[PDB]
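The following structure holds asunaprevir.
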Amino acid sequence: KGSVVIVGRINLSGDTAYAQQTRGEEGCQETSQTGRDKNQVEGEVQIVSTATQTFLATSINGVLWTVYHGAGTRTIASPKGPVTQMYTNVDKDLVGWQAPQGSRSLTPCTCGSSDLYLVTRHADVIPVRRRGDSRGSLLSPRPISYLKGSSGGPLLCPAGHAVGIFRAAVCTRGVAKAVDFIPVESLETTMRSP
Ligand SMILES: C=C[C@@H]1C[C@]1(NC(=O)[C@@H]1C[C@@H](Oc2ncc(OC)c3ccc(Cl)cc23)CN1C(=O)[C@@H](NC(=O)OC(C)(C)C)C(C)(C)C)C(=O)NS(=O)(=O)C1CC1
Ligand SMILES: [Zn+2]
């Protein structure tokens, strides 16, 4: 198992949502085997990779969360060496490490908002109608190809709180009609329990 490596970040703190790439696909492999990543971290959302796949990770409650079908059991690279996971729920498809220094956590939502926004690896923010605990409809249906590489990113309410973590797409003939996410309350349950 190599280490998960941060190769970029998305910021959600300004008047503008943007991505910024931090590591080429050559420093990634090196960082991955040694698990030592000296690069400074910033942002609420990290763009991360394993050997051939890239996806997202989201900071909430001082934990950097992502999807299990992404990270696996893997450590994540840090300035001090490889970081072992603090939380791992396979049934939930959930992984988390302690948030790296410089990673600002999103606050978990308490609004009850039904209007949501998905953040893509492209710092695109996409309108979503919450239809259940862990589902939301896309106002604009997008092709599946469009959403690939964005799992582990946040679903946000209109006040920019975290409602949950994008996990799977509900897809019909190559089109994404809706999204399934891990509710932010399941993250909190995961945090409280041995
Ligand atoms: C289009 C972009 C979507 C968000 C995306 N995620 C996916 O591809 C997910 C992965 C897999 O689901 C799950 N795996 C493991 C689990 O635990 C170990 C799960 C435990 C509970 C549940 Cl919910 C799902 C789980 C299948 N899947 C689908 O989305 C599938 N959809 C799906 O399963 O939808 C339903 C849930 C509605 C059936 C399908 C392939 C058919 C779209 C992604 O981008 N990943 S990635 O490319 O970044 C690269 C790894 C990081
Ligand atoms: Zn909210």
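Residue indices begin at 1 and follow the sequence shown. Both counts, for ligands and for their atoms, begin at 1 and track the order of listing. Atoms considered below: every heavy atom in the structure, side chains included; atoms not considered: hydrogens, waters and symmetry mates.
One finds asunaprevir in this structure at ligand 1. This structure shows the largest set of contacts to asunaprevir coming from the chain the PDB entry labels HCV NS3 1a Protease. Scanning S150, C171, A71 for the heavy atom closest to atom 39 (C) of asunaprevir points to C171. Asunaprevir lies out of reach of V179, whose nearest heavy atom is not under 4.0 Å from it. Within the 4.0 Å heavy-atom criterion, both parts of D93, backbone and side chain, lie near asunaprevir. Against a heavy-atom cut-off of under 4.0 Å, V90 is close to the following atoms of asunaprevir: 17 (O), 18 (C).
Close approach to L147 involves these atoms of asunaprevir, each under 4.0 Å from a residue heavy atom: 1 (C), 2 (C), 44 (O). By the deposit information, the source of chain A is Hepatitis C virus. Using 4.0 Å as the cut-off, no other ligands or ions are found near asunaprevir.
Contacts between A168 and asunaprevir below 4.0 angstrom, taking non-hydrogen atoms only, involve backbone and side chain alike. Remark: atom 37 (C) of asunaprevir lies closer than 4.0 Å to at least one protein heavy atom. By chain and number, the binding site of asunaprevir (heavy atoms under 4.0 Å) reads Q53, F55, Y68, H69, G70, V90, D91, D93, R135, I144, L147, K148, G149, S150, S151, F166, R167, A168, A169, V170, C171, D180.
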